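The next PDB entry has trimethoprim among its components.
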There are 2 protein chains.
Amino acid sequence: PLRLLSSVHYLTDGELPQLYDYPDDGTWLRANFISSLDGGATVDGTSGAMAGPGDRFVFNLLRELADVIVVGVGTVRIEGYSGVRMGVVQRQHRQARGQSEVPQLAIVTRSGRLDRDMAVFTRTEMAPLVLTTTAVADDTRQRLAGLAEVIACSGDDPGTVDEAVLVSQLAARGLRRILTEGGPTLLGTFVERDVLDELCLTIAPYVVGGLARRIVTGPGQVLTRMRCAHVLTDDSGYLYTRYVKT
Amino acid sequence: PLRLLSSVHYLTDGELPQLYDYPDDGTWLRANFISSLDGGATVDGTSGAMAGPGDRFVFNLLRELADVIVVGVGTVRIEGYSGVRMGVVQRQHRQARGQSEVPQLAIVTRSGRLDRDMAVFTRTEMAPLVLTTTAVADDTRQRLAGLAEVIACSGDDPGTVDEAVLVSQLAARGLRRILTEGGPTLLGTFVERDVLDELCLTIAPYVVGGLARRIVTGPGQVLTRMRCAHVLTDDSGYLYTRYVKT
Ligand SMILES: NC(=O)c1ccc[n+]([C@@H]2O[C@H](COP(=O)([O-])OP(=O)(O)OC[C@H]3O[C@@H](n4cnc5c(N)ncnc54)[C@H](OP(=O)(O)O)[C@@H]3O)[C@@H](O)[C@H]2O)c1
Ligand SMILES: NC(=O)c1ccc[n+]([C@@H]2O[C@H](COP(=O)([O-])OP(=O)(O)OC[C@H]3O[C@@H](n4cnc5c(N)ncnc54)[C@H](OP(=O)(O)O)[C@@H]3O)[C@@H](O)[C@H]2O)c1
Ligand SMILES: COc1cc(Cc2cnc(N)nc2N)cc(OC)c1OC
Ligand SMILES: COc1cc(Cc2cnc(N)nc2N)cc(OC)c1OC
């Protein structure tokens, strides 16, 4: 029943985006995370130290493919999120697909407690979206006037974000090709709400010890089956995987 | 820089053990763990629910190849460890390699607080080893007289286990082909002490939510680079990976 995987194909830079194409239509929520062999999402508080050149390339590619990059406010602070950068070629490829030159950032926050002074607001070509709750969207909107478009993402409960609404709120604005880069709380919610369509997961060839949290924190305990779409590798032993529900 | 992995080879039951051969000589500490996509070592408190037929086959194969299966006392209680089972063919293959018919169990405990009444002692063809500290080995030996061989595995500190000594204590008894199936505390220590030579890691195609701990718990924060030896897959989307230091 066991098949050996090995490298069968060098991926030209035209095929690589094909591997990670979004659906032709409909909203697609893709997560991109990196994890150590032993399930560690962080080394020294962030994921950067595991992100080798291979993973950075895939990471930037996924951003390049996305209409919007949805990120929890914690990751935004902790990983020092600034505006998405798109090089001339990235922009070109994006226009070629009928996309804006750079994807937007969508910051998710139930609290609304974002400061006017954050790199996501400051070092950014496009103003980011703030995805938050009906309860606090208005004050958040005013407090962040000029910096971000604040979007109420409550479903039935005006005090929380309904992650399915979040997704539709983005799609409603033509940001249907969604990428989230976390964090683990945010990813946890996408998981619980069963709105995660896709997990792109870099498995870094490291063990990091027990201190690190996983790429998904929270109280959720689901058992969402996903399908292995592909696994890529490089010379450094990284596995760049792509899993799709269900 | 990116190569697509795909199934290039169906593994006959003779090749599969070759993929997981132990070195011809020297002690080798191999860990076998299963993890969800999102780094969850457990579903509902144990790893069983992620272990499909593919993973059970590999798991039993690794046991089959091992001279001894080293397991922390917590995993022994929590996963209801009983004696290792070896079928007639498993035994045959083991004898063919000059190995005993079934590998031994080695239970690791710093405390020594094992009960005479445990399935590891009761439903077992071979009495298991108890790998513990110099400080408590004697009382442990007496309290477990008839049930287990108690082995002092302290290095410089008689109050703790030195995991390198643990490994040598097993090798000294001709149990040099070591497999550990955890748990995460135990694996954490193997990692910190840098004695883990190999991680066989099943990546189950599931996301499980944030509740689960990783396959490595503890305060350790290392960055041990490992080399991807192989990745196998089955029809169910499982990745059966084998990583080797360094
Ligand atoms: N290995 C990787 O791939 C990876 C990727 C990203 C991050 N990380 C790491 O994980 C760590 C941070 O974890 P984190 O959980 O705090 O990140 P996070 O999910 O980005 O931040 C959590 C916060 O974002 C908001 N949020 C998340 N989900 C929400 C939801 N469904 N509805 C409303 N708000 C939501 C909340 O903000 P409010 O409190 O304002 O309501 C929440 O407190 C960092 O160290 C980071 O480096 C790792
Ligand atoms: N996904 C997987 O592959 C996998 C595999 C195995 C287990 N698990 C799960 O993880 C959970 C249990 O975790 P756990 O950390 O408690 O398991 P564990 O490592 O087997 O048990 C911990 C205990 O074993 C002893 N121990 C471990 N390392 C030691 C060392 N270096 N020196 C001396 N003693 C040591 C200690 O016993 P004393 O307290 O007596 O000193 C320690 O308290 C279970 O739910 C289990 O299902 C998952
Ligand atoms: C590619 O650059 C970085 C990317 C990330 C996050 C991240 C990195 N890799 C993957 N596969 N998923 C992610 N969500 C984190 C970083 O450090 C915080 C980075 O800087 C090196
Ligand atoms: C194969 O049978 C089981 C194995 C395990 C532990 C385990 C399972 N799979 C892997 N890859 N590593 C491990 N350490 C755990 C189990 O449940 C506790 C099992 O029963 C189904």
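Chain lettering follows the listing: the opening sequence line is A, and each later line takes the next letter. In order, the residues displayed for chain A correspond to 13-258 in the PDB entry numbering, which applies throughout. By the numbers in the PDB entry, the shown part of chain B spans 13-258. First listed ligand is number 1; within each ligand, the first listed atom is number 1.
- Every copy of trimethoprim included, the relevant parts of the model are ligands 3 and 4.
- Most heavy-atom contacts to trimethoprim (ligand 4) in this structure come from the chain listed in the PDB entry as Rv2671.
- The chains other than those of the drug that have a heavy atom under 4.0 Å from trimethoprim (ligand 4) are B.
- Set against the non-hydrogen atoms of B:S59, the atoms of trimethoprim (ligand 4) under 4.0 Å away are 5 (C), 6 (C), 15 (C).
- Checked by distance only, trimethoprim (ligand 4) and B:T58 stay at 3.5 Å or farther apart across all their nitrogen or oxygen atoms.
- With ligand atoms numbered from 1 in the order given, trimethoprim (ligand 4) contributes 5 (C), 6 (C), 15 (C), 18 (C) to contacts under 4.0 Å with heavy atoms of B:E91.
- In terms of protein heavy atoms, atom 14 (N) of trimethoprim (ligand 4) is closest to B:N44 O, 2.7 Å.
- Proximity to B:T214 (heavy-atom distance under 4.0 Å) selects the following atoms of trimethoprim (ligand 4): 11 (N).
- Of all atoms in trimethoprim (ligand 4), numbered sequentially from 1 with element shown, those under 4.0 Å from a heavy atom of B:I46 are 8 (C), 9 (N), 10 (C), 11 (N), 12 (N).
- In terms of protein heavy atoms, atom 21 (C) of trimethoprim (ligand 4) is closest to B:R68 NH2, 3.1 Å.
- Proximity to B:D67 (heavy-atom distance under 4.0 Å) selects the following atoms of trimethoprim (ligand 4): 8 (C), 9 (N), 10 (C), 11 (N).
- Those atoms of trimethoprim (ligand 4) with a heavy atom of B:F71 less than 4.0 angstrom away are 1 (C), 4 (C), 5 (C), 6 (C), 7 (C), 8 (C), 9 (N), 10 (C), 12 (N), 13 (C), 14 (N).
- If you check which protein heavy atom lies closest to atom 17 (O) of trimethoprim (ligand 4), you get B:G60 CA, 3.1 Å.
- Residue B:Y93 has no N or O atom closer than 3.5 Å to an N or O atom of trimethoprim (ligand 4).
- In terms of polar-atom proximity, B:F45 is counted as a contact of trimethoprim (ligand 4), with an N or O under 3.5 Å from an N or O of the ligand.
- With the cut-off at 4.0 Å and only heavy atoms counted, the binding site of trimethoprim (ligand 4) comes to B:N44, B:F45, B:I46, B:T58, B:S59, B:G60, B:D67, B:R68, B:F71, B:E91, B:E193, B:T214.
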